[PDB]
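Everything below concerns the one structure shown next.
Residues 5-125, 127-260, in that order, are what chain A shows, numbered as in the PDB entry. Start at 1 and go down the list; that is how both ligands and their atoms are numbered. Heavy-atom basis, side chains included; hydrogens, waters and symmetry copies ignored.
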Amino acid sequence: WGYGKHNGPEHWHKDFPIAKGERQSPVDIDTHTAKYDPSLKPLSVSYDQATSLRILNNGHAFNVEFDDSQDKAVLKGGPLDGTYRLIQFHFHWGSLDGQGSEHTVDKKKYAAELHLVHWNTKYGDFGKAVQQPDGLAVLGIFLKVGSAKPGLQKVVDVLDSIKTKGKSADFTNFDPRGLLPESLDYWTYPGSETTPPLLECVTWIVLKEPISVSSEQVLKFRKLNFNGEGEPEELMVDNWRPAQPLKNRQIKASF
Ligand SMILES: CC(=O)Nc1nnc(S(N)(=O)=O)s1
Ligand SMILES: [Hg+2]
Ligand SMILES: [Zn+2]
């Protein structure tokens, strides 16, 4: 599976038939059919005791991994019942600045999208959590191209260390708070992981307020490679899944 002509999203259904299931992500957020629900609590993002461990290029994107052995960085509040542990975060980006996001907002596509993944602590570990309809919660953040994001620069600089598939680099003392927008106003809906196994286990929480990063900061994203070392060069660009049919679902807004 990958994002190419022969192994791209329009083919993942053959090994992963859940690709055309019931609650698949991403989706277009139509802001006028989004149901403002005033029973939706504010988000409680507690990320001040976060331990980042490392960064690694896994062939389809890079993941800053975190130590989820204790509630150090947790997400609760909003639509969530219970505490969800931060395990890792990654982006999806495009080859140009008019594509990149997975989720769109009135069919508009932004330059990229940050996903901070969290698993429900009721289930003991991430592994058991994806056996559950409420196992995961992914906080989604849109990136637009403008002024540079200060807090994004440590990530951008490490990317030469992990140019190719399989590479890693110790990456401690990274504080994820530096990537959060000013406002925690979100849209939320039942969905899925957007990369195989496409498990229908995610409560998505997409923020309304994009962060901006600079054009030179996102250029560095597009230098990475899909391919392993000593293999033909495949630039890691456009690693996003097209929007899926909302099928029944209604998207709520906290605003
Ligand atoms: C281990 C892990 O995190 N797997 C994920 N699969 N898809 C994710 S995504 N596309 O929803 O943000 S996270
Ligand atoms: Hg599930
Ligand atoms: Zn993702």
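The drug assigned to ligand 1 in the PDB is acetazolamide. The largest share of close contacts with acetazolamide comes from the chain named in UniProt as Carbonic anhydrase 2. Site of acetazolamide with heavy atoms closer than 4.0 Å: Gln92, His94, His119, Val121, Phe131, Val143, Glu198, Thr199, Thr200, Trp209. For atom 10 (N) of acetazolamide, the nearest non-hydrogen atom of the protein is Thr199 OG1, 2.4 Å.
Within the structure, each other ligand or ion under 4.0 Å from acetazolamide is listed here: ligand 3 (zinc ion). With a heavy-atom cut-off of 4.0 Å, acetazolamide reaches these UniProt substrate-binding residues of chain A: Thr199, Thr200. At under 3.5 Å, not a single nitrogen or oxygen of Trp209, backbone or side chain, sits near a nitrogen or oxygen of acetazolamide. Scanning the protein heavy atoms around atom 4 (N) of acetazolamide, the nearest turns out to be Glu198 OE2, 3.8 Å.
Per UniProt, the active-site residue of chain A found nearest to acetazolamide (heavy-atom distance, rounded to 1 Å) is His64, 7 Å. Per-residue contacts place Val121 under 4.0 angstrom from the following atoms of acetazolamide (heavy atoms of the residue considered): 3 (O), 13 (S).
Shortest contact from atom 3 (O) of acetazolamide to any protein heavy atom: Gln92 NE2, 2.9 Å. Closest to atom 1 (C) of acetazolamide among all protein heavy atoms lies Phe131 CZ, 3.4 Å. With respect to atom 7 (N) of acetazolamide, the closest heavy atom belonging to the protein is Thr200 OG1, 3.1 Å. Below 3.5 Å of separation, one finds an N or O of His94 facing an N or O of acetazolamide. The ligand atoms of acetazolamide that sit less than 4.0 angstrom from a heavy atom of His119 are 12 (O). In this structure, chain A contacts acetazolamide chiefly via UniProt domain Alpha-carbonic anhydrase.
According to UniProt's Zn(2+)-binding annotation of chain A, the residues with a heavy atom under 4.0 Å from acetazolamide are as follows: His94, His119.
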